[PDB]
Every structure is written in structure tokens, then in C-alpha cells.
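Cytochrome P450 3A4 bound by progesterone.
Here, residue 1 is the first one in the sequence, and each next residue gets the next number. Side-chain atoms are counted along with the backbone in the values below, which use heavy atoms only and exclude waters and symmetry mates. Determined by X-ray crystallography, 2.5 Å, according to the entry header. Counting starts at 1 for both ligands and their atoms, following the listed order.
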Amino acid sequence: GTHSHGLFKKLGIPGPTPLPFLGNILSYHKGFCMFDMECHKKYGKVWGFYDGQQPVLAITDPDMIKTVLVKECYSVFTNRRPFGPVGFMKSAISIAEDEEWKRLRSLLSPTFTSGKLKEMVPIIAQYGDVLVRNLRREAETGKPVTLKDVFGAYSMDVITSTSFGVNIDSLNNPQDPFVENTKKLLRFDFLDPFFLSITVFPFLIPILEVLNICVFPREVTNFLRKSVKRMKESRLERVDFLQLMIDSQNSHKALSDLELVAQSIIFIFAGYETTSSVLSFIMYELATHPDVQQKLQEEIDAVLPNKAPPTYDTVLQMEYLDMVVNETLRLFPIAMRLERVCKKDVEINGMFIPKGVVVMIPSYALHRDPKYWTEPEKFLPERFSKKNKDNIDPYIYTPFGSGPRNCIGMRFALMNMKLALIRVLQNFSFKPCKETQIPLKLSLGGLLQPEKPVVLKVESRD
Ligand code: HEM
Ligand SMILES: CC(=O)[C@H]1CC[C@H]2[C@@H]3CCC4=CC(=O)CC[C@]4(C)[C@H]3CC[C@]12C
């Protein structure tokens with residue numbers, strides 16, 4: 001079982017020595033992120049490894065990265081690594097490929113313009129208020145609060161309302177069937193037995209498609225499909241993603257009906273647990289660095305006096321806030337990696353890359369690389385002080401990727417998280433208990449998350 005295993009020794013590329021059938025996956029005991037640093041540390045600029053039989057080429061040079069992510073994105077590095085039995089979700093933009101990806105992407109971009117984002121701020125700012133009362137209510141009771149729980153509820157509230165115009169406080173209405181289903185849409189752990197099996201036996205993926213076994217829980221997708229077509233149905237009696245999409249069905253185009261339901265499902269999958277994880281990582285950093293939390297609270301109260309409500313304009317005004325957000329994303333880029341399938345023999349910047357190879361950018365590692373980042377391990381928001389910008393390479397730092405296929409939901413996710421932080425920090429402060437793990441521990445699994453969940457105390461500023 002060493003078919004594609006000769007490739008990198010042939011081209012003269014360095015790397016860890018692959019076992020038959022398994023390749024290098026046994027090196028994943030430490031998790032993706034620490035496998036990526038070790039390889040960087042030990043082979044340097046470039047290296048090669050095998051996910052089962054699948055050869056993966058890591059690159060860390062910013063010029064090489066740009067060529068891949070930007071310059072030719074369209075005729076060579078268009079698609080992501082196929083990853084599992086996927087059924088109708090093959091039409092979701094993050095999963096679609098080549099020409100149909102390109103069609104969806106430009107059908108869906110107008111939905112993410114800045115105009116639309118502003119129509120949406122009074123809708124998401126509403127759940128900023130909701131989150132606050134939920135927070136005071138169980139902070140004036142004492143004591144430890146689980147962030148992932150309060151920020152998950154907030155992330156859900158904001159998705160349900162901007163995706164579908166469904167307005168519920170999910171923390172307190174925990175069983176609207178709409179809360180129950182959408183909550184099951186978590187990010188995939190690719191070190192789970194199921195995905196490691198799939199990686200070693202990818203010839204099994206088609207078999208699973210046949211039995212209609214899918215990585216998106218068929219019971220949840222059923223629910224949303226029936227939900228959506230009913231929403232479209234009883235709407236022929238503003239503003240939300242569903243609506244913007246229903247409109248771009250009225251004149252590549254003819255954004256399909258089922259194509260629409262797929263995008264709706266995938267927007268949830270993309271924004272729900274991502275947004276809640278980052279908010280947790282940030283609020284963890286703010287509790288462990290009162291320096292920074294105090295400075296932010298002071299910045300907020302100068303832009304928004306008398307606990308005044310955040311607007312779009314006052315949000316972009318706050319550059320210490322922006323500093324904290326980015327410095328958190330550096331330390332914890334929850335994507336971990338960026339990947340493109342190389343779909344033709346190509347020659348980029350002097351390195352020959354044979355057709356079929358997965359080219360991989362180790363985002364977690366580059367964000368912690370001693371060259372570009374002084375004291376890489378410490379939470380230092382001053383890195384992003386507008387002084388030191390332009391000392392920041394947009395290809396080293398890539399928490400939302402880069403190029404035509406970057407995070408289409410970026411400015412939304414950024415605006416979402418900031419409005420949440422502001423409303424929270426206008427009202428509360430967050431101290432570390434010692435149910436709190438200090439310092440933080442990342443998971444040995446395939447998701448960038450804390451080992452044990454983050455718990456803190458929440459004091460009302462009154
Ligand atoms: C803090 C929250 C988020 C982070 C850190 C994040 C990060 C990322 C990253 C790294 C990628 C891959 C980009 C690449 O391959 O270069 C991505 C893709 C994507 N994200 Fe986000 N994301 C977040 C939230 C969201 C939200 C809220 C949405 C939608 C509402 C969203 C929708 C997408 C979509 C649709 C793609 C694939 C786009 C395509 O393939 O054309 N993400 N995200
Ligand atoms: C947590 C996670 O990544 C999810 C995504 C796809 C999910 C799997 C999908 C297929 C599946 C079918 C089963 O009957 C057992 C559970 C499993 C094996 C699921 C376990 C949890 C997985 C691995």
C-alpha cells in the first residue's frame with residue numbers, strides 16, 4: 001500500500017517517513033496544529049506528507065502562498081480537498097468546485113456587501129441586548145459562567161434571525177425545534193475515527209453516498225429544507241440572507257432552489273460555532289489580561305457614552321477593539337489550515353507541483369512563527385497597533401484565508417463579534433476563577449478549541 005508514497009522523495013522534497021496504508025496520520029496524536037509546527041521547525045520552507053495515500057504539500061513562503069491563494073486561483077488551485085459523503089450539500093458554496101463554485105460565489109457576494117451588512121446591524125444588535133440580560137441574570141447569582149454556552153446562544157440568535165427572520169432567544173427557548181436542529185450543526189472533527197477511516201479508505205466515500213449516509217445529519221437538513229420551502233411558501237403574502245437569495249432567483253445564474261437551501265445550511269455551519277469559539281478565546285484573553293480589558297472598556301465608553309448603543313460606524317471607529325480581535329485570531333486561527341487541490345501540473349516560484357497534490361498553508365504555525373512575530377506566544381494586541389501594520393504580511397496572517405475563495409462571511413463575522421463584545425463590556429467585567437485553566441490548553445483533536453471549556457466570573461459594572 002505505498003502507491004503515491006514515492007512522490008516527494010522523487011521531486012526532492014523533505015518530510016516525515018510514511019507508513020504503508022496509513023501514511024503519516026499517526027503523527028496526528030498531537031493534533032494538526034502541533035504537527036504543523038514540528039514539520040516547519042524540522043524541514044523549513046517546504047515539506048511533504050501523506051494523508052493515507054493523499055500527498056499533502058505544505059508551503060510557508062508568502063510569495064508561493066500568494067501564487068496559490070490569489071494569482072492562479074482560477075485555472076489550477078480552485079477547489080478544496082473533497083472530504084466525505086456529502087449528498088446534496090455538494091452544491092454548498094464552500095464545497096462546490098470549479099465552474100459551479102464560481103457561479104455561486106458571484107451569485108452570493110452581493111449578499112455580503114457592506115450595504116446589506118448595515119441593514120442587518122439593527123437586527124443583530126437586538127440580540128446584543130438579549131445576551132446582556134441573559135448575562136446579568138446569571139452573573140447576579142454567582143458565579144462561574146461557561147462562555148461557549150452564552151456565546152453559542154448569541155451566535156444562534158444572530159444566525160436564526162439574519163438567515164431566516166426567525167426571532168428567538170435560544171438560551172431560554174431551548175426547544176424551538178429550530179434551536180434543537182441548528183444546534184446540531186457543529187464543525188467537523190477530522191481526527192474523529194470516522195474521518196481518519198475515510199482518509200485511509202477513501203474508496204469508501206462512494207459506498208456511503210449510495211446508502212445516503214451523509215456528514216450533515218440528514219435529520220437536521222430535512223428539517224431546514226421543509227422550514228425553508230415553507231418560508232418561501234408563506235412569504236408571498238427584509239432583511240435576511242434567505243430574502244436576499246430569494247431575490248437573486250429573479251433575473252451563469254438561476255440560483256437553483258435546492259442550491260439556495262444548501263447555502264442556507266452551510267452559512268449556519270460556517271458561522272455558528274466559529275463565531276462562538278472566537279468570542280470565547282477573546283473573552284478568555286480579556287480576563288487573563290485586565291490591562292487590555294480595562295483599556296477596551298475605556299475605549300468603548302469614549303465612543304459610546306452613557307452605555308449608548310453600538311452602530312456600524314461607531315464599531316469601525318474602535319481600533320483597540322479591532323486590535324484585540326485580530327490578536328486573538330492570530331493566537332487561535334480556528335481554521336488551523338488552508339488547502340487547495342492542485343488540479344494540473346504546475347510550476348510556481350521555482351517549485352514543481354504535480355497534479356493532484358493538496359497544497360497546504362499551516363495558518364496556525366505561521367501565526368506563531370518567530371520570524372514574523374516577536375514573542376509569538378504572548379497575547380500582545382499592540383502587534384496590530386496601526387503603527388505596526390505593514391509589518392504584517394497578509395499571507396502569513398490569514399485567519400480568514402485570502403484570494404477569491406476566502407471567507408465570504410468575513411466582514412459579517414467581524415461585525416457580529418464586535419457588537420457582542422461591546423454590549424457585554426459596556427455592562428460587565430470578567431475575572432478569572434481557577435475553575436479557569438490558566439494557562440489555556442488546546443485540544444489534541446482536530447478542532448481548535450480549549451481542552452476543557454472556558455469558565456469565568458462576570459461582575460456587573462452596574
Ligand atoms: C470568526 C468567524 C469565522 C472565521 C474565523 C472564518 C474563517 C474562514 C476560513 C479560513 C475560510 C477558508 C478560506 C480559504 O480557504 O482561504 C472560510 C471559508 C468560508 N466561510 Fe468563514 N469564517 C468565519 C465565519 C463565517 C461566517 C459568519 C460565514 C457566513 C455567514 C462564513 C462563511 C464562509 C463560507 C461560505 C466559506 C467558503 C467560501 C467559498 O468556498 O467560496 N464564515 N472561513
Ligand atoms: C463530530 C463530527 O465531525 C461528525 C461529522 C460526521 C459525523 C459522522 C457521520 C456518519 C456517522 C454515522 C453513524 O451512524 C455513527 C456516527 C457517524 C460516524 C458520525 C459521527 C460524528 C461525525 C464524525
**Report entry** Mapping of progesterone to structure
**Finding:** ligand 2
Query raised in the report: Which residues lie close to progesterone (ligand 2), i.e. with a heavy atom under 4.0 Å?
Result: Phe188, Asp189, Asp192, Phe194, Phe195, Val215
Query raised in the report: For atom 9 (C) of progesterone (ligand 2), which protein heavy atom lies nearest, and how many Å away is it?
Result: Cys214 O, 4.2 Å
Requested in this report: State which residues of chain A, listed by UniProt as binding heme, have a non-hydrogen atom closer than 4.0 Å to progesterone (ligand 2).
Outcome: none
Requested in this report: Report yes if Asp189 has an N/O atom closer than 3.5 Å to an N/O atom of progesterone (ligand 2); otherwise report no.
Outcome: yes
Report task. For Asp192, take its heavy atoms, then give the atoms of progesterone (ligand 2) lying under 4.0 Å from any of them. Result -> 23 (C)
Query raised in the report: Any protein heavy atom sitting closer than 4.0 Å to atom 3 (O) of progesterone (ligand 2)?
Result: yes
Requested in this report: Check whether any protein heavy atom sits under 4.0 Å from atom 16 (C) of progesterone (ligand 2).
Outcome: no
Query raised in the report: For progesterone (ligand 2), which atoms have a heavy atom of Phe194 less than 4.0 angstrom away?
Result: 18 (C), 23 (C)
Query raised in the report: Tell me: protein heavy atom nearest atom 12 (C) of progesterone (ligand 2), and distance?
Result: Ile213 CG2, 4.8 Å
Query raised in the report: Per the PDB, what organism is listed as the origin of chain A?
Result: Homo sapiens
Query raised in the report: If you count the atoms of progesterone (ligand 2) from 1 in the order shown, which ones are under 4.0 Å from a heavy atom of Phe188?
Result: 3 (O), 5 (C)
Requested in this report: Ignoring hydrogens, tell whether any protein atom lies closer than 4.0 Å to atom 23 (C) of progesterone (ligand 2); use the non-hydrogen atoms only.
Outcome: yes
